[PDB]
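Notes to accompany the following structure.
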Amino acid sequence: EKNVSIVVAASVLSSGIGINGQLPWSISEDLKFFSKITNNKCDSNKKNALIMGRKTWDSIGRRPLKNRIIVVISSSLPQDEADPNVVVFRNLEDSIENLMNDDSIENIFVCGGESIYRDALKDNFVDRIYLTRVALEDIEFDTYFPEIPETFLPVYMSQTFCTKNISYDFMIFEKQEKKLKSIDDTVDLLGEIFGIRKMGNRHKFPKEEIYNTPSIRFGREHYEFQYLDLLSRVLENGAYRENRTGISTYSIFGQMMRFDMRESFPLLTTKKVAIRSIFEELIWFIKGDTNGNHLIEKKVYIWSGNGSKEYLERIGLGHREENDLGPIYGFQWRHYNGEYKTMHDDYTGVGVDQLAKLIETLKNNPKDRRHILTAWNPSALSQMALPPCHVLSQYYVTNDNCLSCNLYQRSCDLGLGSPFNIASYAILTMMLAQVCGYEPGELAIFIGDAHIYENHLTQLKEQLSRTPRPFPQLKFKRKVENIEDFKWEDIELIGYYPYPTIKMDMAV
Amino acid sequence: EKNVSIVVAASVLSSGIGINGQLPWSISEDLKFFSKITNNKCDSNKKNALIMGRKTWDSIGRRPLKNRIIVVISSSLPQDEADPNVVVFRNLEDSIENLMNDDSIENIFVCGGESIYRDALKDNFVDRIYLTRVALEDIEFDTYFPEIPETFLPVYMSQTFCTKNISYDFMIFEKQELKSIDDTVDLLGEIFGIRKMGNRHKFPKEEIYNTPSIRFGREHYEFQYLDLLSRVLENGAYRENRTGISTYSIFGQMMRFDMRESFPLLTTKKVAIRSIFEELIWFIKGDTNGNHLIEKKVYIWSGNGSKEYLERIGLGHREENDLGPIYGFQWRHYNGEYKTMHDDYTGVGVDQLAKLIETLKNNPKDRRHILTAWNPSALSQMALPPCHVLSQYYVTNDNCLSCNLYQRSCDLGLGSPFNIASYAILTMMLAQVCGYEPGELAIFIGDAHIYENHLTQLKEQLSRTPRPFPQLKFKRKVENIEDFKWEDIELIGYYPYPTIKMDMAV
Ligand SMILES: NC(=O)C1=CN([C@@H]2O[C@H](COP(=O)(O)OP(=O)(O)OC[C@H]3O[C@@H](n4cnc5c(N)ncnc54)[C@H](OP(=O)(O)O)[C@@H]3O)[C@@H](O)[C@H]2O)C=CC1
Ligand SMILES: NC(=O)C1=CN([C@@H]2O[C@H](COP(=O)(O)OP(=O)(O)OC[C@H]3O[C@@H](n4cnc5c(N)ncnc54)[C@H](OP(=O)(O)O)[C@@H]3O)[C@@H](O)[C@H]2O)C=CC1
Ligand SMILES: CN(Cc1cnc2nc(N)nc(N)c2n1)c1ccc(C(=O)N[C@@H](CCC(=O)O)C(=O)O)cc1
Ligand SMILES: CN(Cc1cnc2nc(N)nc(N)c2n1)c1ccc(C(=O)N[C@@H](CCC(=O)O)C(=O)O)cc1
Ligand SMILES: N#Cc1ccc(CC(=O)O)c(NC(=O)c2ccc(Cc3c[nH]c4nc(N)[nH]c(=O)c34)cc2)c1
Ligand SMILES: N#Cc1ccc(CC(=O)O)c(NC(=O)c2ccc(Cc3c[nH]c4nc(N)[nH]c(=O)c34)cc2)c1
Ligand SMILES: O=c1[nH]c(=O)n([C@H]2C[C@H](O)[C@@H](COP(=O)(O)O)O2)cc1F
Ligand SMILES: O=c1[nH]c(=O)n([C@H]2C[C@H](O)[C@@H](COP(=O)(O)O)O2)cc1F
């Protein structure tokens, strides 16, 4: 009655595992994971059994694996008794007799090609699945991993790792069966006595119907959950509130999201995100530009709503040209406190250049605690087409020469602005890291008013029904001299396999 | 084999539970907690047994409690068989016969005065302890709860609640006697050294974790500060800075505090609340004169405002304590041309605080209640750049005022407790002037660090189990936010641990 687990590394979409008798990739850390998970035992006087098919036995050179016993399933191989570390069986059913007569075997691992995988799943021999999702799909496969049956549920999904620009995950699946202690009861009783006087009741845990992949309870390591859980928390505790637009929101206050940038790029996979528009807006900020037409001329329409004749006249800026957004992010980054006139004037030399001072300080005094870039200028708020949402950012150089970023966001549209903000400040930190000579670190986003617009409810709930996939990789094709020299052609997005786009309208 | 639990409400320091045959307090929610915890059962055809002494049986009027069976320990009361809800036993040992006989009893609760408590603990009959710590100590007691034996460890400590300006907690004590997900995470952590972000955010070891036995019940929001200390001690990188005292630093941290039922003033260390208030009202008035704080026996800005320090950072033209345009000058005169600490600035710059107050009561659901202090044009003139850089304020649907604060650099030994209390008081001041109630306080930290000369001190502070937060009330309602005085502040139920001396790094 010992445990039987599948160990497999398959592609993220088509679940390919092999091609021409070998693997479609070469990931060293994945093999180490196979080695450590198949050697993991509890009894020093027992060994683990690794079951594999004959063709898989050929692909590993027909040589034994240390500290383990390999069980080859073959109809033609001679049942040789010379090697005690390799044993041959004529069928998979007869091979699963290490449970009974062989008390010297502690755990059993199935890992031997499509034929053995499919037979082990069809006959319900498998209890656990150790899946390594690999972000490679536009290549050739001839051997696939079977679709995981509905009797299995995911219980763990690791963060995204990177090897030679290849993104990969680690997941565990458990086969469902039938059907502290008093701390939960005491907390529930306290919540019944104190209604909303108990702060726990104002931060209720999301219900299962709005929880992304609810079967993953204690292993929600993938940092896309940092965004999906915020959606669920809003759906559970968001107060219905009006705002300056005609579209009400469900809002909560004081939230946090954390993302890794060392081994992945925080571009959401549960929805296809317009990465090009994000980059074009970011380089538009860096150049100090406030002319909205330059984004529209590059097929980027995210600032069209807040820069129309009707919207500008409504907020009392009818004197402006159609897309003259005024002194905003790009103008406070390069010309802070500069007297703004129009989008056509020359501002070279005006205001404080925070971005230049930031870059100079990052490489000359890295351990300084004042790497701050702000956009909140109370003297210029009335002239802006929209006050800053990503208000302030701080940057940090670790001891191992990595650049981390903290961002405070006063207002967060979780449907549209939030994924853009995550990717935008990830790219910005990477740009600062390359110009200053560091590596990307971490990205923390601290949110004030985190809200969901009521016309996004059907869409975001749809997005919550999609299990996340490994984050992609973002690499720069060339090293630039000035941070303003980055071009969209210099960006390489590797291994991005998202779910279909989800259309959502912006509230003007 | 059946469960035996003590339910008791005792004072926070002396563990007093009674006076003159009655309770030393009147907390309605505590009685409701007693009712819910003693009625909590699993079988609908069973009842719970409440064991109490005779004097306690007298104090409750000698009347039965619904749905439960009261067991009175007395040597004189007649063993009457008329009332089935009240049964009398001659001693506590013989009374613990609900274990073997009477299968109709599911759980057993001991709750009957000092004599029964002490006997139940001395004979090792008790498995669990439900303690309600009450923040009342300068009153008279004649009945005390025994000192909890070392065989018990706390497993839960609730947030601080308030009833009639009385702070109280809820704790659980236990007597000491997935699966493969943790293994897979450990294996992945062995393969990827610090490439796995979990290894860069390691869970603190037990030796630096405050009350490590409370694992799943760290509800008390003082843990939001103590655990941050532990995280720094576990993952902090040793780094140099502008001062001669190196720190252990981490980046990107968060603390959350409740202000509806308590005031976030740390109990594991006596915090100078008066100096915090005087600094805050000094900010609100728009004052940059460091002498006005020194004249009020507040010396927190003496180090960053000396002749030697100002000359060192290139401000030798300044007067002794002319700190320059800092907190409160950017609040009241943002972008205002700063001259000296004595000039008249009435009307210059943008008054963020006034606009903030006006917007909070005229447009509460606005998403732009922002108060900033980071002025890149004035950084060179400041004696010290702002640490609490930016704050945002939020009006809930039930007319509560919450506050978010971003802090670029956080001295966890000295500045952090001051910052927590300071912005707590500021939110309360804004709430009263705008006509709201205090809400929540979230603090987002960039460079959270511990100075190396605070290591012995902070580890000492981590050895102290937290106590209920106190209460902060205003004695009068003011017309303008600048009119608050220290005499208008009432700090109720503050019973901290001894002060811990720590030197500031200049
Ligand atoms: N990414 C990953 O995790 C893994 C990938 N792979 C890859 O997959 C490929 C190999 O898989 P695959 O092509 O399906 O071959 P298999 O590994 O499944 O081995 C098949 C052989 O096993 C024997 N066999 C299979 N079923 C039975 C049965 N019901 N009764 C008796 N004997 C049986 C047969 O050998 P015989 O002819 O002797 O009778 C058969 O030819 C390789 O490219 C390999 O590298 C393999 C393992 C893991
Ligand atoms: N804050 C809280 O949670 C609680 C507080 N209290 C307070 O504490 C006070 C009461 O406690 P306390 O003064 O200690 O009195 P007790 O409630 O402990 O009752 C004592 C009586 O129980 C009987 N008794 C005790 N021990 C024995 C024994 N070993 N054998 C036989 N009979 C025994 C005796 O009754 P007899 O004379 O008949 O022999 C004795 O007089 C009250 O003020 C009450 O309000 C009470 C409960 C809870
Ligand atoms: C059957 N097979 C193909 C193969 C390749 N990648 C996989 N990856 C996963 N996640 N799961 C599998 N079953 C798997 N199988 C294998 C099996 C073992 C070794 C191997 O060389 N293992 C060494 C690992 C060497 C190392 O430390 O790098 C060991 O000690 O177990 C290679 C391919
Ligand atoms: C023995 N005793 C004194 C008393 C008072 N406060 C306490 N508080 C605690 N935490 N623990 C105790 N053992 C305790 N005991 C009692 C016991 C029951 C009631 C009582 O009236 N209980 C009603 C409560 C009525 C209501 O809902 O408020 C019930 O239904 O249980 C009062 C005092
Ligand atoms: N899925 C998806 C998806 C598909 C296409 C697009 C447009 C594009 O790819 O070009 C988008 N993004 C936006 O349509 C978008 C995203 C961010 C902003 C910033 C912004 C400015 N002012 C705002 N005011 C409100 N209220 N909220 C906001 O997000 C903003 C404005 C628009 C998302
Ligand atoms: N326990 C304790 C305890 C006991 C007494 C006092 C002083 C008093 O009660 O009056 C204190 N607080 C301070 O001594 C103190 C607290 C906060 C500051 C703000 C500050 C300005 N510049 C700083 N620079 C550094 N590096 N760090 C800092 O905290 C500050 C400066 C000093 C703490
Ligand atoms: O980068 C952005 N991120 C974002 O979340 N918004 C959304 C938040 C909110 O829905 C709206 C701002 O309206 P308000 O000023 O009332 O917060 O824009 C806008 C951006 F430009
Ligand atoms: O409110 C404050 N909080 C705080 O933590 N500091 C500490 C943080 C740091 O130890 C020092 C500033 O050093 P630096 O300018 O390098 O961030 O002041 C100062 C304040 F005024």
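Numbered from 1 within each chain, the chains take letters A, B, ... in sequence-line order. Whatever order the structure lists them in is the order used to number ligands and atoms, beginning at 1.
Lab note: drug at ligand 3 identified as methotrexate.
Bound to methotrexate (ligand 3) with the most contacts here is the chain that the PDB entry lists as Bifunctional dihydrofolate reductase-thymidylate synthase.
By chain letter, those with a heavy atom nearer than 4.0 Å to methotrexate (ligand 3) are A. The site surrounding methotrexate (ligand 3), defined by heavy atoms under 4.0 Å, contains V7(A), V8(A), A9(A), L23(A), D30(A), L31(A), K32(A), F34(A), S35(A), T56(A), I60(A), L65(A), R68(A), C111(A), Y117(A), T132(A). Per the PDB, the organism of origin for chain A is Cryptosporidium hominis.
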